[PDB]
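Trimethoprim complexed to Dihydrofolate reductase, as determined in this entry.
Per the PDB entry, chain A residues shown: 1-159, in order. Determination method: X-ray crystallography, 2.0 Å. Just so you know, ligand 1 is whichever comes first in the structure, and atom 1 is the first atom listed for that ligand.
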Amino acid sequence: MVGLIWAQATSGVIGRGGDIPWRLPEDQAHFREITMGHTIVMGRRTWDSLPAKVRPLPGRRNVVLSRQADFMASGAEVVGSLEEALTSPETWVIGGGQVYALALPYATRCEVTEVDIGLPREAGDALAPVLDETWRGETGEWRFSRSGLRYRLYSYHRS
Ligand SMILES: NC(=O)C1=CN([C@@H]2O[C@H](COP(=O)(O)OP(=O)(O)OC[C@H]3O[C@@H](n4cnc5c(N)ncnc54)[C@H](OP(=O)(O)O)[C@@H]3O)[C@@H](O)[C@H]2O)C=CC1
Ligand SMILES: COc1cc(Cc2cnc(N)nc2N)cc(OC)c1OC
């Protein structure tokens, strides 16, 4: 089982300038709840994006995908291919617009957070993968974050 998890603006933007372009404090706990105790896979840039005090993410086996055989990632496992990263029975791909695209075909689950923020795509932004009709989903109820942004959770699956 390979699952993807991300938070996106309605527009599909998930990253800009190397950061997540919004504040949603409730996201951290939902992300934790889903990923805790599992192996997590991320692209090198997502690893770099993680604050130094929080990486590697605690309670999870951190796997970082990189083309540099010499890449240094303390507390994480650096691999050079997707096949080497997906060996666990339950793996969660936590990032990179690139890595989500790469891992989507191996996936049978997607946990998505839609952020109701006006943020049109700009050239160079990290974008979420598009889910075609092979996916079946359930949309949760919109809620208000204390940051003032409205958001909702989606759960998709396919066999
Ligand atoms: N909103 C959300 O939920 C999330 C948003 N993000 C955002 O996403 C952005 C980063 O996304 P993005 O720029 O696409 O980067 P990625 O995180 O996907 O990392 C891309 C890197 O992964 C490695 N890589 C990619 N493909 C391969 C491959 N086929 N084989 C081996 N290594 C590979 C390379 O590392 P190298 O160059 O070292 O070889 C490449 O530069 C940031 O802005 C981040 O904040 C991240 C996570 C969640
Ligand atoms: C928990 O800390 C982070 C987690 C993530 C990945 C991530 C965060 N939220 C969601 N919903 N899906 C994800 N894959 C990405 C981050 O920065 C890009 C983080 O630092 C803020």
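- One finds trimethoprim in this structure at ligand 2.
- Neighbouring residues of trimethoprim under 4.0 Å (non-hydrogen atoms) are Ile5, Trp6, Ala7, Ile20, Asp27, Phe31, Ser49, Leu50, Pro51, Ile94, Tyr100.
- An N or O contact shorter than 3.5 Å links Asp27 to trimethoprim by distance.
- Taxonomically, the PDB assigns the source of chain A to Mycobacterium tuberculosis.
- My check of the UniProt NADP(+)-binding residues in chain A for heavy atoms under 4.0 Å from trimethoprim returns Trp6, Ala7, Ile94.
- Of the protein's non-hydrogen atoms, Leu50 CD2, 4.0 Å is the one closest to atom 16 (C) of trimethoprim.
- Counting only heavy atoms, trimethoprim sits under 4.0 Å from the following UniProt substrate-binding residues in chain A: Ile5, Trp6, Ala7, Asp27, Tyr100.
- In chain A, most residues contacting trimethoprim belong to UniProt domain dhfr.
- The atoms of trimethoprim that sit less than 4.0 Å from any heavy atom of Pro51 are 20 (O).
- Between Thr46 and trimethoprim, no N or O atom pair is found at a separation short of 3.5 Å.
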